[PDB]
Undergrad: 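Hi! I'm looking at a structure that contains PT2385 and have some questions.
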Amino acid sequence: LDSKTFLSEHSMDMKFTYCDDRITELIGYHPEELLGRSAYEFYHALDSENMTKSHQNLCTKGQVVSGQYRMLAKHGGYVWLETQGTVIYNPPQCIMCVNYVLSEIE
Amino acid sequence: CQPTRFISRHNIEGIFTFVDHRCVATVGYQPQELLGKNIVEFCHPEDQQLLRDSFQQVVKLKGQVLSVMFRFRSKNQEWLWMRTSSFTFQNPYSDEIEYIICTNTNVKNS
Ligand SMILES: CS(=O)(=O)c1ccc(Oc2cc(F)cc(C#N)c2)c2c1[C@H](O)C(F)(F)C2
């Protein structure tokens, strides 16, 4: 549960601006190699249209639960995850993601 | 038979900045589904790096043609083989940052 949960932060274009180090012992990536890159680079092809839809829901509602999707692991295979996303607006500034790893690797 | 092919322009990062509407019949997305997203996001995980290094190289090649083959995810979520031929353009009356002109064709890998 907890040791399977990490935070990431995203710009409104879905790029990583920050990621917890915890993503290393779970998916392989180092956070630094993640920034500047679209989350989109990483979804499995079959989840892509669904994530697009959640992103639309996230921008229109302001908070969403993604439902289940797969992320290309660092050293091959795909890890299942579920994410809670929350738009932080100020007076849209960024997207906070709470990411829970459902499964192990492939 | 004429290959399906479409024109696009990108910034040096790879973001679509212009899309020729011939893309509908080539990859099934509308232009505005492409605009503002990086071309790497429609690319196969095994080919993303090569595409990134292609865009990096295209700028060092003195405006000559760079070609690359990669799998592109159609609006159907099918992997299509694309040959993208690209080159820089930089208007020599100015010193504005060069951008990248792409021709994108559905080809056979065989
Ligand atoms: C759609 S959602 O649940 O808010 C969501 C989930 C993961 C999201 O990004 C992530 C975060 C992560 F740890 C792994 C992956 C993957 N694969 C995508 C994003 C979202 C938002 O679109 C976003 F823009 F904040 C980016």
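The sequence lines are taken in order and lettered A, B, and onward as chains. Numbers in chain A track the PDB entry; the residues on display, in order, are 239-329, 334-348. We number chain B the same way the PDB entry does; the residues here are 358-467, in that order. We count ligands from 1, going down the list as the structure has it; atoms in each ligand are counted the same way.
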Undergrad: Could you tell me the main partner of PT2385 (ligand 1) here, using whatever name UniProt has for it?
TA: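 The chain with more contacts than any other is Endothelial PAS domain-containing protein 1.
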Undergrad: Enumerate the other chains with heavy atoms less than 4.0 Å from PT2385 (ligand 1).
TA: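 By heavy-atom distance, the answer is A.
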Undergrad: What residue and atom, counting heavy atoms only, is the protein's closest point to atom 15 (C) of PT2385 (ligand 1), and at what distance?
TA: A:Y307 OH, 3.6 Å
Undergrad: For PT2385 (ligand 1) and A:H293, I'd like to know whether there is a polar contact (N/O to N/O, distance under 3.5 Å).
TA: yes
Undergrad: Could you tell me the residue and atom name of the protein heavy atom closest to atom 4 (O) of PT2385 (ligand 1), and the distance to it rounded to 0.1 Å?
TA: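 I find the closest protein heavy atom is A:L296 CD2, 3.1 Å.
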Undergrad: Name the option, out of A:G323, A:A277, A:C257, that contains the heavy atom nearest to atom 18 (C) of PT2385 (ligand 1).
TA: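 It is A:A277 that holds the nearest heavy atom.
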Undergrad: Side chain, backbone, both or neither: which part of A:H248 has a heavy atom under 4.0 Å from PT2385 (ligand 1)?
TA: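 For A:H248, only side-chain atoms sit under 4.0 Å from PT2385 (ligand 1).
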Undergrad: Write out the residue and atom name of the closest protein heavy atom to atom 8 (C) of PT2385 (ligand 1), then the distance separating them to 0.1 Å.
TA: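 Here the nearest protein heavy atom works out to A:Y281 OH, 3.3 Å.
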Undergrad: When you measure from atom 25 (F) of PT2385 (ligand 1) to every protein heavy atom, which one gives the shortest distance, and what is it?
TA: A:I337 CG2, 2.8 Å
Undergrad: For PT2385 (ligand 1), which atoms sit closer than 4.0 Å to a heavy atom of A:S246?
TA: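 Once the distances to A:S246 are compared, the set is 11 (C), 13 (F).
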Undergrad: Quick one: nearest non-hydrogen protein atom to atom 2 (S) of PT2385 (ligand 1), plus distance?
TA: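 Here the closest protein heavy atom is A:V302 CG1, 3.9 Å.
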Undergrad: Around atom 20 (C) of PT2385 (ligand 1), find the nearest protein heavy atom and jot down its residue, atom name and distance.
TA: A:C339 SG, 3.8 Å
Undergrad: Which of the atoms in PT2385 (ligand 1), numbered in the order shown and given with their element, are less than 4.0 Å from a heavy-atom of A:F244?
TA: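 It comes down to these atoms of PT2385 (ligand 1): 13 (F).
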Undergrad: Which residue holds the protein heavy atom closest to atom 17 (N) of PT2385 (ligand 1), what is that atom called, and what is the gap in Å?
TA: A:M309 CG, 3.0 Å
Undergrad: Within PT2385 (ligand 1), which atoms have a heavy atom of A:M252 less than 4.0 Å away?
TA: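 PT2385 (ligand 1) atoms under the 4.0 Å threshold to A:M252: 24 (F).
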Undergrad: Of all the non-hydrogen atoms in the protein, which one sits nearest to atom 3 (O) of PT2385 (ligand 1), and at what distance?
TA: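 Its nearest protein heavy-atom neighbour is A:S304 CB, 3.3 Å.
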Undergrad: Around PT2385 (ligand 1), which residues have heavy atoms within 4.0 Å?
TA: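 Non-hydrogen contacts come from A:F244, A:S246, A:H248, A:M252, A:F254, A:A277, A:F280, A:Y281, A:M289, A:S292, A:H293, A:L296, A:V302, A:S304, A:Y307, A:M309, A:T321, A:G323, A:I337, A:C339, A:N341.
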Undergrad: Considering only N or O atoms, set out every pair between PT2385 (ligand 1) and the protein closer than 3.5 Å, with distances to one decimal place.
TA:
residue	atom	partner	partner atom	Å
PT2385 (ligand 1)	22 (O)	A:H293	ND1	2.6

